[PDB]
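Pictured: tetx2 protein, co-complexed with minocycline.
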Amino acid sequence: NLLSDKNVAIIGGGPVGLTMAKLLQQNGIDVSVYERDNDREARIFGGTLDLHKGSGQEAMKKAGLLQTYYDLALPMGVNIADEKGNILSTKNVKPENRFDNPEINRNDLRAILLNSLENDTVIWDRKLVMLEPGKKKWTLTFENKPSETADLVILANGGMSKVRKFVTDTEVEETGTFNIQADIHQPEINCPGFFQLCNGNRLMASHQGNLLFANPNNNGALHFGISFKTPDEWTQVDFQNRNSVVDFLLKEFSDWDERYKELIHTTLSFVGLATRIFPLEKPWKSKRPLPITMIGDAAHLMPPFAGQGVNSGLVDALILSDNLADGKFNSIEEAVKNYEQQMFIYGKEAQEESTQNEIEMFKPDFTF
Ligand SMILES: Cc1cc2nc3c(=O)[nH]c(=O)nc-3n(C[C@H](O)[C@H](O)[C@H](O)COP(=O)(O)OP(=O)(O)OC[C@H]3O[C@@H](n4cnc5c(N)ncnc54)[C@H](O)[C@@H]3O)c2cc1C
Ligand SMILES: CN(C)c1ccc(O)c2c1C[C@H]1C[C@H]3[C@H](N(C)C)C(O)=C(C(N)=O)C(=O)[C@@]3(O)C(O)=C1C2=O
Ligand SMILES: CN(C)c1ccc(O)c2c1C[C@H]1C[C@H]3[C@H](N(C)C)C(O)=C(C(N)=O)C(=O)[C@@]3(O)C(O)=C1C2=O
């Protein structure tokens, strides 16, 4: 055990950081997770996640959590519709595929992971602001909270991580598309037409450079996403002002059936976010003052257009913890290096599929 008298600090308790903690902890490795969120009941904004066979489900299997993911997750059909609300295609989940990639709510998934860990593995209300290599141990600075030390830092703190410099100088880039996401509670009441259009399935529609995506049943809330090429004029919409978002969306969707509009009218608040990528373009720094690495979105943030986001992040966790558990390597540095080499290959494959899908979707005639 390379980590025998040592401790690991995982930065970020997202699905990836928590899975990592779990895989380490079951091999007797001393690990803490430092998480920005105030407490375990903070709501996680966003849609559902789905775990794939051969990747995310493998990580959950190794964690002893796969059945638990199954119990909480929900297989979903997919309806493809036009802007007029015609159903162009309906694909239901066949009994035999119910386990392929059922949708799970992000708080549900967090709860499964947190529960699997020993008490006080996760330290809440810990926003890592700075890292500093000492002689043997990293010193870790948390906003308005005591400092901590660790022999190995694993950054799992998401695609906007600000603390990556000791691993790489690569920066996040905007890919050119933009996403507006929102929730509607009691959608059966609040967007009845649209809710009926989804009819228990996820829904996707495409028209004139505007893509709309919806999951009508994220623990009872409807989550939708509207994606388009970032307008040249952008910024000119303020996401704190629902009126300017509504104005923009109604103009973009003026062509769409009234049920889609009702969706935009009824939404209380929208989150706007530019699609981004942390490109696995150049190798990471091969000289590092102490052992440090990155997994999940911190390592390979990619556009959310291929479902590869969480799954490749779960694989990282699986590959890194395997490496770190086995006296298969001479040093933590070697265990990390070997993990990073593998991740560059499947990571880069996932990024290319995300990028390619993103391009393919936003061309003049896209048809799902
Ligand atoms: C709009 C959108 C839709 C998406 N849809 C999908 C999808 O359908 N399927 C899919 O696979 N992927 C999707 N993705 C990506 C997916 O959500 C992430 O890949 C997934 O959550 C795994 O990421 P992670 O654990 O590596 O990082 P995150 O989920 O981002 O978690 C990072 C964690 O670190 C914490 N943190 C951040 N800063 C600090 C700090 N300084 N100190 C301590 N903690 C910190 C955060 O609070 C968070 O808990 C989507 C992304 C976006 C933006
Ligand atoms: C073959 N066996 C009778 C059946 C029949 C119908 C089923 O729907 C299922 C099984 C086996 C079990 C294996 C169990 C196992 N475990 C007891 C939790 C298990 O770990 C697996 C697995 N793939 O490792 C499952 O798929 C599993 O979670 C599962 O989803 C099953 C399952 O869905
Ligand atoms: C159609 N498109 C190419 C694909 C292909 C494979 C996929 O696995 C997926 C998509 C679309 C994207 C839509 C994105 C959307 N957005 C870009 C984040 C989105 O808002 C939703 C949603 N339900 O609200 C998704 O389903 C979504 O997260 C998702 O899970 C997708 C997804 O899983």
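So for chain A, numbering is the PDB entry's, and the shown residues are 12-245, 249-382, in order. Counting starts at 1 for both ligands and their atoms, following the listed order. Header says: X-ray crystallography, 2.2 Å. Computed from heavy atoms alone, side chains included, the values below leave out hydrogens, waters and symmetry copies.
- Taking every copy into account, the model assigns minocycline to ligands 2 and 3.
- With the cut-off at 4.0 Å and only heavy atoms counted, the binding site of minocycline (ligand 2) comes to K72, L77, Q78, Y81, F110.
- Within the 4.0 Å cut-off (strictly below), a protein heavy atom is located near atom 30 (O) of minocycline (ligand 2).
- For atom 18 (C) of minocycline (ligand 2), the closest heavy atom belonging to the protein is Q78 CB, 3.6 Å.
- In terms of protein heavy-atom proximity, atom 7 (C) of minocycline (ligand 2) is closest to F110 CZ, 4.6 Å.
- The protein heavy atom nearest to atom 24 (O) of minocycline (ligand 2) is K72 NZ, 3.4 Å.
- Within the 4.0 angstrom cut-off, atom 27 (C) of minocycline (ligand 2) has one or more protein heavy-atom neighbours.
- Of the residues that UniProt lists as binding NADPH in chain A, none has a heavy atom under 4.0 Å from minocycline (ligand 2).
- As recorded in the PDB, the organism behind chain A is Bacteroides thetaiotaomicron.
- Nearest protein heavy-atom contact of atom 22 (C) of minocycline (ligand 2) is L77 CD2, 3.9 Å.
- Annotation: atom 25 (C) of minocycline (ligand 2) to nearest protein heavy atom, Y81 CE1, 4.4 Å.
- Put simply, atom 20 (O) of minocycline (ligand 2) has no protein non-hydrogen atoms near it, under 4.0 Å away.
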Check minocycline (ligand 2) for N or O atoms under 3.5 Å from a protein N or O and list each pair with its distance.
| unit_1 | atom_1 | unit_2 | atom_2 | d |
| --- | --- | --- | --- | --- |
| minocycline (ligand 2) | 24 (O) | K72 | NZ | 3.4 |
| minocycline (ligand 2) | 28 (O) | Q78 | NE2 | 2.5 |
| minocycline (ligand 2) | 30 (O) | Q78 | NE2 | 3.0 |

